[PDB]
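In this chain, residues are counted from 1 in sequence order. When a ligand or atom number is given, it counts from 1 through the structure's own listing order. Below, all heavy atoms of this structure are taken into account, side chains as well, without hydrogens, waters or symmetry copies.
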Amino acid sequence: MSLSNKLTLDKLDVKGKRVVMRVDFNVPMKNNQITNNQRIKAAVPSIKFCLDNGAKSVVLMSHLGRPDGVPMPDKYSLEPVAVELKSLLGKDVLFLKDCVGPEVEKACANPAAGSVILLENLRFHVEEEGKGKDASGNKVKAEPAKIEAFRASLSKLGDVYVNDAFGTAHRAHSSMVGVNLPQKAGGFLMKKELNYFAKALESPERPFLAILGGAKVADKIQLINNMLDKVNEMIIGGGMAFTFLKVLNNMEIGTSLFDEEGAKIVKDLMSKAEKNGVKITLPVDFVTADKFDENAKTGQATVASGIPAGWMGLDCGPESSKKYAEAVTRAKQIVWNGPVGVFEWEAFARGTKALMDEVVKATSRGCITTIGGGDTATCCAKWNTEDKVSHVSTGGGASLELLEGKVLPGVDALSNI
Ligand SMILES: COc1cc2nc(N3CCN(C(=O)[C@H]4CCCO4)CC3)nc(N)c2cc1OC
């Protein structure tokens, strides 16, 4: 599942070549400024390698948010990323106000040696995703000839193509699968990410522990099912736990998150766990709240006491953290996708923070620890543990596709060796 069969950047001859590189620069924003640059830094090694090995230019392309194929320069512009990238590179970045057309092509045709260029959001064009919404809010499908022309234009921007956009690798979008150049290479971030998950999924050090949390469970079914064939141990925490608790223990869970459809398959999941010899760890106690608010009134519950009606479980308790800690301590490899409580609120972050402490300690004694993207990675940013675990994935949705046993279109479209 690694890039072993695919052309990679390190094997790419880029001296005197223009490199058009798809990156995932879809960073979280607030008020026109970046609040997490993790995805930008993650791409720096590929960019730096190109500049260091005599590349004539590196033309960077990405999307930002979901403008749905309409230009939205005042809401979703990549301009700020240009500024941040220049800061990280110690080098000028030229921002272009479009990503195709004659003028874009002319700026990229033959740039001064060492030029870094960043194009405007790819998704301002419906041809990128192949569908979107018009100015009026009607859903639209892109036209075949225009899609090819969009792709033909992106292709003109470089002599060789690098995809470093792991976070977007599950999207079969034009910049990801439709660039037509003789060499199509995986970048250093693509290789890194794929190497971490490939080992986790094919050849992990064992016991292999999966920590699965976050809110809803229906979207987690094929995920749990698939992981049950890979792991030796699984923590099921956060929002999903209450559906299990209710089915398995007849727990009264108040207004806690509950997934009726998922309830139907919980016993089958547990049978599968048992059959495969997977130890499942569910929480046994909770921090409760009288409503979904950062300031709600709080309380405590266990599985036996139940959660009072009107109240909801928003975090696991001290005893739960203990059991989580024990599974972590046994692990030699860990993939963690989903916090185990409402981490962004102080009253409900103890469990996720405590788990993070264990995962860092686990890393310190040699455990391979993989943090999926999304909220979990945000937690790493929040508590400054980005360099204290083995790998913080840049791809939450993409890493999830891999954990479910699915293929990544962005990877398959790379040149074969
Ligand atoms: C224990 O772990 C978690 C529990 C979570 N619970 C919730 N909800 C969200 C919304 N909920 C409610 O509004 C209550 C009150 C009205 C409906 O039931 C139910 C509790 N949301 C979340 N986002 C939750 C996330 C969690 O971990 C990440």
From the list prednisolone, terazosin, finasteride, rotundine, bucindolol, give the drug seen at ligand 1. terazosin
Out of curiosity, which chain makes more contacts with terazosin (ligand 1) than the others? Name from UniProt, please. Phosphoglycerate kinase 1
For terazosin (ligand 1), which is the ligand I care about here, please tell me if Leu257 has any N or O atom under 3.5 Å from one of the ligand's N or O atoms. no
Within less than 4.0 angstrom of terazosin (ligand 1), does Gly313 place any heavy atom? yes
Could you check which UniProt ADP-binding residues of chain A come within less than 4.0 Å of terazosin (ligand 1), heavy atoms only? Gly214, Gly238
If you measure from each heavy atom of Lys291 to terazosin (ligand 1), is any distance below 4.0 Å? no
Could you say whether the N/O atoms of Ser256 and terazosin (ligand 1) ever approach to under 3.5 Å? no
Looking only at protein heavy atoms, identify the closest one to atom 16 (C) of terazosin (ligand 1) and say how far it is in Å. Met312 CE, 4.4 Å
Under 4.0 Å from a heavy atom of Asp315: give me the atoms of terazosin (ligand 1) that qualify, with their elements. 1 (C)
Entry-listed organism of chain A: Homo sapiens
With a cut-off of 4.0 Å on heavy-atom distances, which residues and nucleotides contact terazosin (ligand 1)? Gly214, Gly238, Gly239, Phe242, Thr255, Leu257, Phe292, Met312, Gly313, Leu314, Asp315, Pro339, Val340, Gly341, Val342
